[PDB]
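Structural view - repaglinide in its complex with ATP-binding cassette sub-family C member 9.
Shown for chain A, in order and in the PDB entry numbering: 217-275, 283-327, 341-610, 665-728, 744-912, 969-1018, 1028-1236, 1241-1545. How was it done? The header gives electron microscopy, 3.6 Å. In listed order, ligands and their atoms are each counted from 1. Below, all heavy atoms of this structure are taken into account, side chains as well, without hydrogens, waters or symmetry copies.
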Amino acid sequence: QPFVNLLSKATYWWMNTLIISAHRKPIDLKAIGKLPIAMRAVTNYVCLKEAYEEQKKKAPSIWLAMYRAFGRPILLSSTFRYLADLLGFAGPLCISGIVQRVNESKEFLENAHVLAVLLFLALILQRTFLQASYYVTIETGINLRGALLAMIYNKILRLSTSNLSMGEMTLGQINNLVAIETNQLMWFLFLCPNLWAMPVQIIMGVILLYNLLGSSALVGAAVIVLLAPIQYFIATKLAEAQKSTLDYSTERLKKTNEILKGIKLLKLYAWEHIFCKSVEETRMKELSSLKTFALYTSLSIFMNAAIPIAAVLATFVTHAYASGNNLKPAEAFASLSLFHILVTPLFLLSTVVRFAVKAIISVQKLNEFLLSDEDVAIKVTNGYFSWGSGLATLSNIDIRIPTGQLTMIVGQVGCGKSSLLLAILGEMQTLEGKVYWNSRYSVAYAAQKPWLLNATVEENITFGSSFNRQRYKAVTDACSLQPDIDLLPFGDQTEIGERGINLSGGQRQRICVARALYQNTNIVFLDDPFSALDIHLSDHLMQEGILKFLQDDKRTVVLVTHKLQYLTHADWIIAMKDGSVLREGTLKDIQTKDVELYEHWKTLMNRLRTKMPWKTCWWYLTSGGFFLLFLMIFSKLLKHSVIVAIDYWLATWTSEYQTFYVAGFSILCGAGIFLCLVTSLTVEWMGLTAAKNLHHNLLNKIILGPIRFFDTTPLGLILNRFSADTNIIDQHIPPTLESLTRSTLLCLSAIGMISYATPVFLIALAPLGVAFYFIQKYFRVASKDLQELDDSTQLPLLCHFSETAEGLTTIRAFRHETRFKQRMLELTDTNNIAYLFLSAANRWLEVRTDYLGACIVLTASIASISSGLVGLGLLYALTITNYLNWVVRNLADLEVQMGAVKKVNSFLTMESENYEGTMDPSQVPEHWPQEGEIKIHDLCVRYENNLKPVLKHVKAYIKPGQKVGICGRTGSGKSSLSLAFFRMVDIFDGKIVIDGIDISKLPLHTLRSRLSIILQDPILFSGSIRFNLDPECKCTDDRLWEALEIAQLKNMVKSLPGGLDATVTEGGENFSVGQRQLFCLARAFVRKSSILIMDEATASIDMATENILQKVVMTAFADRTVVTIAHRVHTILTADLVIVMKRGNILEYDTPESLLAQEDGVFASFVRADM
Ligand SMILES: CCOc1cc(CC(=O)N[C@@H](CC(C)C)c2ccccc2N2CCCCC2)ccc1C(=O)O
Ligand SMILES: Nc1ncnc2c1ncn2[C@@H]1O[C@H](COP(=O)(O)OP(=O)(O)OP(=O)(O)O)[C@@H](O)[C@H]1O
Ligand SMILES: Nc1ncnc2c1ncn2[C@@H]1O[C@H](COP(=O)(O)OP(=O)(O)O)[C@@H](O)[C@H]1O
Ligand SMILES: [Mg+2]
Ligand SMILES: [Mg+2]
């Protein structure tokens, strides 16, 4: 009975139920059993950590720990591999025996049928052992992958966060370790038994070949063995080319992500075309590298499929012209079978050695990484904290935060404000002075830089807490997100953060503040919650979010803002400057003790089944051009015909049992070499052409789309169309298609030859055909499904790792390390289950196909028994066993990847906007905004069809060169009205007349080129400062410098390294918010347009900076007309005409003095609120 369990485990019957069935119902993690307690990431991690700790006590090297953790399975797998290899070497011997016995006490052992039965049994045993080895090694490799992921995740949680240690590039290295390093180490562990087996297989094969064919065997073995060093050389060249391609791909991906993450600015500036051209240039560089890589892949395939032919040629010619006897058929076919046996190990030994080198470097990298550095609410005495480099960033720190009372700390930009919080949390290094709390309890913390979980908004706000409707609603209302969440595609469940629907900086800050408030933890550390928020939003938030909501819960609050106007509410105040606290006390106490501090603060105030998708497959094939497809298919057909002809020529030559045969064989070998060369070249060329043709139009169409598409569709899918799908099309498909074609042709040729040799074989072909059809049918669905699960469950794993390495401070301030560890384990287990069952399906198919092939070998042999043709048939029967499962697996992979091609193709057909317009090209003036006049008539605007009109028949006219400022409550249509001039939002009724031309009829690019707009949150694109100032590069440097002076950034630019070409980090992160805003103003200036639209430009600007910016703008653009959306009404007091928007209506339209004249005026009330 237990032998039945052993057979079930050897034949992977334990998964037949989930393969034969579960094609009707898709395979889901519910269907797949949870991982056995033995293989869970927890157990593997504890084992590997125990081994590593034993080593560390002995000291530690990761290799010895890995051995002590996963030796026994690897020894078992190597034993299985050796048994499989030895049994497999019984093929050629059996063929030789059968052939010799045919056509005319150990007598029984010589009987032909006995040899046939022995061959069949040996084949089934070899395949069973080989697949058992594969599965044991795969299982051990996946266990190791789980352990390593858990280990590096624990290290990530225990990181240091100092910029000396972590800096900014370290996150990239951490993501690399989680993604590529661990996978490469896992794959080395997958393939390691090859290092044990392949050299021994080569040795045994060459020994048998010598025993069969004297010195000719030595000659052939030398020629063949020359295939290992050549393969290693070509593999090195391929690795170099693929590293270059990877670098160019990462560059292109960063450029694309920048383009489609700030698409609104590009479209408004009409820069989309320039950035797309730059991305296309990077694509051309990537395609040059990819063409080199494809050329070397073609040469690798050529060598793989040719050097064996040259070796056979040398062996047999040397035997013919050296060996006295002729070529007995048995010897010839045994030699051919041995060469077929040795072709795979030699072509793969170079790959396993390269994998071993990559694993050694990966383990060195991991070893390097693991050593990376690591009434009174709170009391600090003689605090002295350092970031790690030994320099005392904070000195003489002594604070006392009252419990249950609001505390605010104030200082200059860069006065040890944000660092003090991290020091309190322990992230900093405590040189001297202990910190004593009421060991620490969880403390809610909203980092200065907002951090967002990729999960939905509801999850981010809740953040692992007991979802309570009342508290959730109260927080969301206090945070002013109730209408903003409704705006997003899903009211309460839309994706957020990287790889989700992008949000404005204000929205991110609001989400983070909501998360901090929602938690029940008593201590709360808020760091610049108002920086991104508008003035109205901040006022609303503090009026009740801080003063009411928190005080209702009697929670200690530590708010870090430079907005002094709210100091009146502070119960305790701490002044920090130059890393030292000026004083700590109440407002009145501080003022009495420090009159100078009060004066400084006042001055600062200044006041069901899915079939194979043939259609997409055919479209991909024809993408290269019908001629290229015809050349590929015809060349492959001719190549395989010539190879079969070589084998048949050998068969006839043996049956003859000489100079006339030598010449024929040599000529056919030459033809085979040439046709292999041609076939490889053509297939790779078709692959390259298809990749280029798809990607070019893909990117062009995506950029040409409409804004709402980016507004709703998550950025994850859009950027996945370029990151993974294009990678698949460029690299994975062409190889898979080539493998499929070659394997199908070889299988068909073998079937044909076997049938020709023994036409009776066709009788047994039918049951074998049916069995193969059923195996193909069931596997091609089970695989597809399991790969779907693997990818869909591997996305969240890397998302979790990335979002953990990001915002360590939040994780360790909430003290939610354990919960995140548990989630990491629960995700890595799921991913490993999916991958493990994918490999189990592969083993299932391989074993069933190997038994099918063993049946084929048995039937072909039995037919042959009842003179060289028998040997030829047996040889091809043996090769069918090798090639059948590869046909099936390549077909499955081709289907899966053509799915990605289909996705890209569907994205290739998308809506757009009528850039052409209708106005006469000659009609437009040379300088259209010459006068700058603006006139409107009953304008009506709606963001999307069937939605509520944002603007309600607003009618307005601006005289040339006038200056008008617009204000109003949030969601009153200010931003939409500003964007109206650019037709970023559809207009139902009314029109906008500028310079006597209705914009509606103008070409979109022409309209959006001659207008200058400054968004609320400034975004600056990576590249040179010149590039940001004018990508078209059509401005003399003098204009750039004049603009920089106008922006007041001339001094900073001069201080820049290159001055005029200083490097700019992605998104303008290099500079400050004020510097970025000034640079955006300069960007607007260079356009030399007469109309400027400032949509809440100075939201993050300070009072003095805002005033100086406004005055310099007015002086510089005195002639030009400007429309400004006022962040604060006080900024637009000196305006020619004032407009206030309320619920999409311009209630007030008159001069600022006239508007202020009205009693209880809305604007007048706003001014009082600001004051
Ligand atoms: C994730 C599973 O991956 C496997 C992993 C294994 C373990 C293994 O010794 N591979 C040998 C192949 C054998 C036939 C020589 C090998 C060696 C060098 C380079 C690639 C490869 N192989 C890479 C995978 C498939 C192509 C040849 C077996 C089989 C598989 C499999 O696909 O089922
Ligand atoms: N994590 C860090 N890595 C490297 N240098 C740091 C780090 N944190 C602080 N510093 C340096 O130590 C000093 C203290 O920073 P401080 O607390 O003043 O930042 P902050 O000005 O409060 O934050 P922000 O300017 O974003 O409001 C600064 O001069 C800063 O450059
Ligand atoms: N992308 C969008 N899709 C649909 N409606 C939008 C979109 N953006 C804004 N709105 C709607 O337009 C109104 C005004 O928004 P907006 O002009 O952006 O802010 P403001 O009120 O500051 O002008 C809001 O009530 C909002 O619901
Ligand atoms: Mg800060
Ligand atoms: Mg707005």
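The ligands or chains attributed to repaglinide are ligand 1. The largest share of chain A residues contacting repaglinide lies in UniProt domain ABC transmembrane type-1 1. In this deposit, the organism assigned to chain A is Rattus norvegicus.
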